[PDB]
**Q** 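Here we have a deposited structure with salbutamol present.
Alphabetical chain letters, starting from A, follow the order of the sequence lines given. Numbers in chain A track the PDB entry; the residues on display, in order, are 1-120. Chain B is numbered as in the PDB entry, which gives 3-109 for the residues shown. Residue numbering for chain C follows the PDB entry, covering 40-243, 272-358 in order. Each ligand, and each atom within it, is numbered from 1 in the order the structure gives. Header says: X-ray crystallography, 2.8 Å.
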Amino acid sequence: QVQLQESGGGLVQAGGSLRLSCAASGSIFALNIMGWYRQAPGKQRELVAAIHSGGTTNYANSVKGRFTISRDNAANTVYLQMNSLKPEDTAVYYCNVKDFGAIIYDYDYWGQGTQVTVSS
Amino acid sequence: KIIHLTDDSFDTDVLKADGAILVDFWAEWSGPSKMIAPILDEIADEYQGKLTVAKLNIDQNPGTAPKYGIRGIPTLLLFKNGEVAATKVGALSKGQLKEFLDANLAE
Amino acid sequence: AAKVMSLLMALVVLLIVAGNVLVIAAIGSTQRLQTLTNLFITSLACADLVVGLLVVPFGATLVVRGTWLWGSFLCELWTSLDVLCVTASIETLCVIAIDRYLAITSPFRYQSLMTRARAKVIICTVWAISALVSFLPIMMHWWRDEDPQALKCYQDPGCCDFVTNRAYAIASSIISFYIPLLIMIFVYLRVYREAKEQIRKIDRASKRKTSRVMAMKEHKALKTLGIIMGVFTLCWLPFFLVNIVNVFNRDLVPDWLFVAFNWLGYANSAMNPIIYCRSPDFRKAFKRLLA
Ligand SMILES: CCCCCCCCCC(=O)N(CCO)C[C@@H](O)[C@@H](O)[C@@H](O)[C@@H](O)CO
Ligand SMILES: CC(C)(C)NC[C@H](O)c1ccc(O)c(CO)c1
Ligand code: NA
């Protein structure tokens, strides 16, 4: 069974820093996207950052330049280094794996979520 | 179970005859014409009711074979209500012949 | 045999129409299924549906009766409709291969590059090409051989053999089948190649700690890739080989076999729903659509 284990979140002062990490245990097809989404209170879930198995990345505008996503070359583990945090960034952050092993369609795996709260 | 045809009995035994008739045009000289003889014996038992095996010796009765345009031997002419429905030419195994008969008989 | 041959054709049409109706239904009736890829699937399913409704049935009769009962005009229109729908089907499989290859290997580039309006042009292009290889030649008689025996079947309204000249059978085969088959090989090969090179970068990462092996996901992806290329190739390669053979030594291959292989190709149109619509979202829609 595939499972996504989220860590690194919590409480932090504005202008500070956090480093999320999501360790995907289980069979994942070599070609995939590991990503981070978030959902601020009473809003819709949005993309924060994502990285293909290839090495290509894709960020939201809100976080561009501040946050940087990377992955462990060995294991299926993805890190979001969040610098210059603002109260706006406060949300439940969800790890995501888009698996391409069916070819015609993609399969989705979501993490349970991990709270990030940035106070001013 | 096999009808052993002549030139004269051919009209009554094959053209007037009820249901399917499988005619073997064989000769005593031809080695290929004999190789199917023991296979046709088995087919006459195994396809009782469905088909009637018939044989005509071209050494004995040379007058029948020209009419249907028989070039080589053995040639197996399957007959249905006074007409040739399907044809096969050359020697065969039992399994090759069953597929020909299976396909042709069940319409 | 001719008892069972006729019953077999019936369910072929049943499987095609059912399957492709079920797909088109599912896509039109579900917000979640209206993705970019499934836009190309919708094109495919339309082609295969017209194969099931009009192309195969009229063709089924020509085998049963042994003659064409609907006169020279409908012979040529049905022939066009056949070539059109086969060309659209196969060329659309080829577009799907490309699409999936991009969305698997360059997903972020692909999202910006491939808009919905760009997809529509690609789709419309495919049908324009399909029309211009079928309807334009066939209705305008560009396909016709100069032979006397060929000219007998053109004048007989009971005869609806598809005897073409050299040029058309070469061009029509290349455009409807061979170019698409090459693209589909090239493209799906670069999916295999990309996935293998990616596993190399994972073993290089380990500093000689692990060597990776094909897991559940990798065997399943290879099976899928095989089904896609296998079924398509099985279904259409025999017919399209033989179609090029007849352009040289027409006596070599029998007419009953030439037709038998054209039926194998029609059968692909029943297979495509099964191959290309297995997504969890399709599975949900299909159960909702069957009350
Ligand atoms: C929107 C994209 C529009 C592109 C339209 C061009 C279609 C490709 C050209 C073409 O149709 N053919 C290749 C040209 O040979 C095939 C046949 O038209 C032609 O081969 C036959 O007419 C002759 O073989 C018979 O005399
Ligand atoms: C012969 C018949 C029944 C009209 N089928 C044609 C066949 O499906 C076909 C389809 C597309 C093609 O490009 C060709 C080759 O001219 C043939
Ligand atoms: Na005609």
**Q** Which parts of this structure should be attributed to salbutamol?
**A** ligand 2
**Q** Just trying to sort out this structure - which chain has the greatest number of contacts to salbutamol, name per the PDB entry?
**A** Beta-1 adrenergic receptor
**Q** Which other chains line salbutamol with heavy atoms at under 4.0 Å?
**A** C
**Q** Is any transmembrane segment of chain C, as UniProt numbers them from the N terminus, within less than 4.0 Å of salbutamol by heavy atom, and which?
**A** 3, 5, 6, 7
**Q** Does salbutamol approach any residue of chain C that UniProt lists for cyanopindolol binding closer than 4.0 Å (heavy atoms), and which?
**A** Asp121(C), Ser211(C), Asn329(C)
**Q** What would you say the binding site of salbutamol is, if we count heavy atoms under 4.0 Å?
**A** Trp117(C), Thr118(C), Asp121(C), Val122(C), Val125(C), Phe201(C), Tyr207(C), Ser211(C), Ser215(C), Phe306(C), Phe307(C), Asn310(C), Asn329(C), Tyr333(C)
